[PDB]
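Working notes for the structure below.
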Amino acid sequence: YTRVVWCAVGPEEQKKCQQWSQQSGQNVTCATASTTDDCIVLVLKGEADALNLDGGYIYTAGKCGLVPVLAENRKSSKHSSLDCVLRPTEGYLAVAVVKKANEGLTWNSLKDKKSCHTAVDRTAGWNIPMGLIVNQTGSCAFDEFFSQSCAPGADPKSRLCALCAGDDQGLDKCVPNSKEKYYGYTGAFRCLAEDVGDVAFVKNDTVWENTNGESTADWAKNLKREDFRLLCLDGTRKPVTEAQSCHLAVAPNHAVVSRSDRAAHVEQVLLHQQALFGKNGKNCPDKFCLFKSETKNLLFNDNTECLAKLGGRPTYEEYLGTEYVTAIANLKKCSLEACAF
Ligand SMILES: *[C@@H]1O[C@H](CO)[C@@H](O[C@@H]2O[C@H](CO)[C@@H](O)[C@H](O)[C@H]2NC(C)=O)[C@H](O)[C@H]1NC(C)=O
Ligand SMILES: *[C@@H]1O[C@H](CO)[C@@H](O[C@@H]2O[C@H](CO)[C@@H](O)[C@H](O)[C@H]2NC(C)=O)[C@H](O)[C@H]1NC(C)=O
Ligand SMILES: CCN(CC)CC(=O)Nc1c(C)cccc1C
Ligand SMILES: *[C@@H]1O[C@H](CO)[C@@H](O)[C@H](O)[C@H]1NC(C)=O
Ligand SMILES: [Fe+3]
Ligand SMILES: [Zn+2]
Ligand SMILES: [Zn+2]
């Protein structure tokens, strides 16, 4: 039974998965795909067993019968007596970030600016802000709100891809995987840091992890938190230290999904895998560390303490929460039930 086939998205996650595979005695093996949607299809076909997904994709996967199995849990200063694997998930803060030097830019003056998104269909980088924007303008032309953007996964010849740069060679412009320079939390923030965009739609944790010497990548190496500002919904700007009172929403954590008939087996293998390669696991950091990838968030986010049990044996709708599930349905009206593949 207990071989789990992970689905990696892109060549970089593939490399990391191959390392995990080798260190696991081939308990985990790897399948690769160019996009998250493709990976979901591989899981539906039964050619892969699982992968960690942002909440927006969990919505896509859930409609096709896939279920949440274990969720990412980061550091917290409450619930601590309880062990990480048993602790409830706090969710993360979706935020809109701008440069302080870019004075006078607020939530009320984003029209015609340049934006940086993690990817299309993702929670913090797309679903939350575009949902909020459609709603406030009473219009579905969200592709004409910003003058130019980098929204991995949109038509590469549309304005929503204009700011994306592709890989080393300019190839793969706008693909929704790490090959694209401005993909994901880190990529979208880089897009803002290099002044390619006016605002980045990421999470709270991204800002802190790539400023004040926390990174060391050459583009982040000199960034300082005082150079950035959060855009609050009230038309006000605040230091990044004010996220708890200046965010767009709380997002449910990224979670591992698998086909329902495979959930229990995937779950067992993963709990044994994090005991070996997790934060203080038998072989981290001496041999391989599952939750570390040099600020690239490959397979899993780098700030992950552990993969936690769910409790309540939640369906995907209960896991995402009815608030966030109606938000996505209304936004997708711009482009009630049925699986896409
Ligand atoms: C937003 O994100 C930062 C980092 O993810 C949080 O600050 C971390 O908080 C932990 C304890 O919760 C501290 O021990 C770490 O030292 C902090 N990290 C760093 C790198 O500074 C912060 O709690 C979050 N703020 C809000 C309002 O959510
Ligand atoms: C966009 O607006 C719609 C319409 O109000 C929001 O959907 C509603 O959300 C509330 C709160 O969850 C429910 O009580 C309503 O029933 C929903 N209405 C409809 C028509 O479905 C949606 O939340 C908004 N999107 C965002 C991102 O805020
Ligand atoms: C960590 C995964 N959670 C998602 C929130 C499973 C859950 O169902 N948790 C939960 C808790 C702990 C308290 C109140 C309400 C909810 C539903
Ligand atoms: C692989 O899984 C098997 C089955 O439980 C376990 O006995 C073995 O020790 C595991 N090895 C590693 C390194 O995970
Ligand atoms: Fe996310
Ligand atoms: Zn809030
Ligand atoms: Zn239930």
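Residues displayed in chain A correspond, in order, to the PDB entry positions 342-676, 681-686. All values below come from the heavy atoms of this structure, side chains included, with hydrogens, waters and symmetry mates left out. Just so you know, ligand 1 is whichever comes first in the structure, and atom 1 is the first atom listed for that ligand. So this one's X-ray crystallography, 2.3 Å, going by the header.
- By contact count, the main macromolecule holding ligand 3 here is known in UniProt as Lactotransferrin.
- PDB records give the name of the drug at ligand 3 as lidocaine.
- For lidocaine, the main contacting UniProt domain of chain A is Transferrin-like 2.
- Put simply, atom 15 (C) of lidocaine has no protein non-hydrogen atoms near it, under 4.0 Å away.
- The source organism of chain A, per the PDB record, is Bos taurus.
- With respect to atom 3 (N) of lidocaine, the closest heavy atom belonging to the protein is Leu651 O, 3.9 Å.
- For atom 10 (C) of lidocaine, the nearest protein heavy atom is 4.0 Å or more away.
- For atom 8 (O) of lidocaine, the closest non-hydrogen atom of the protein is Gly652 O, 3.1 Å.
- Within the 4.0 Å cut-off (strictly below), a protein heavy atom is located near atom 6 (C) of lidocaine.
- In this structure, the binding site of lidocaine at 4.0 Å (heavy atoms) is formed by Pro429, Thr430, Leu651, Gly652.
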Enumerate the pairs of nitrogen or oxygen atoms, one from lidocaine and one from the protein, separated by less than 3.5 angstrom; state names and distance to 0.1 Å.
residue, atom, partner, partner atom, Å
lidocaine, 8 (O), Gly652, O, 3.1

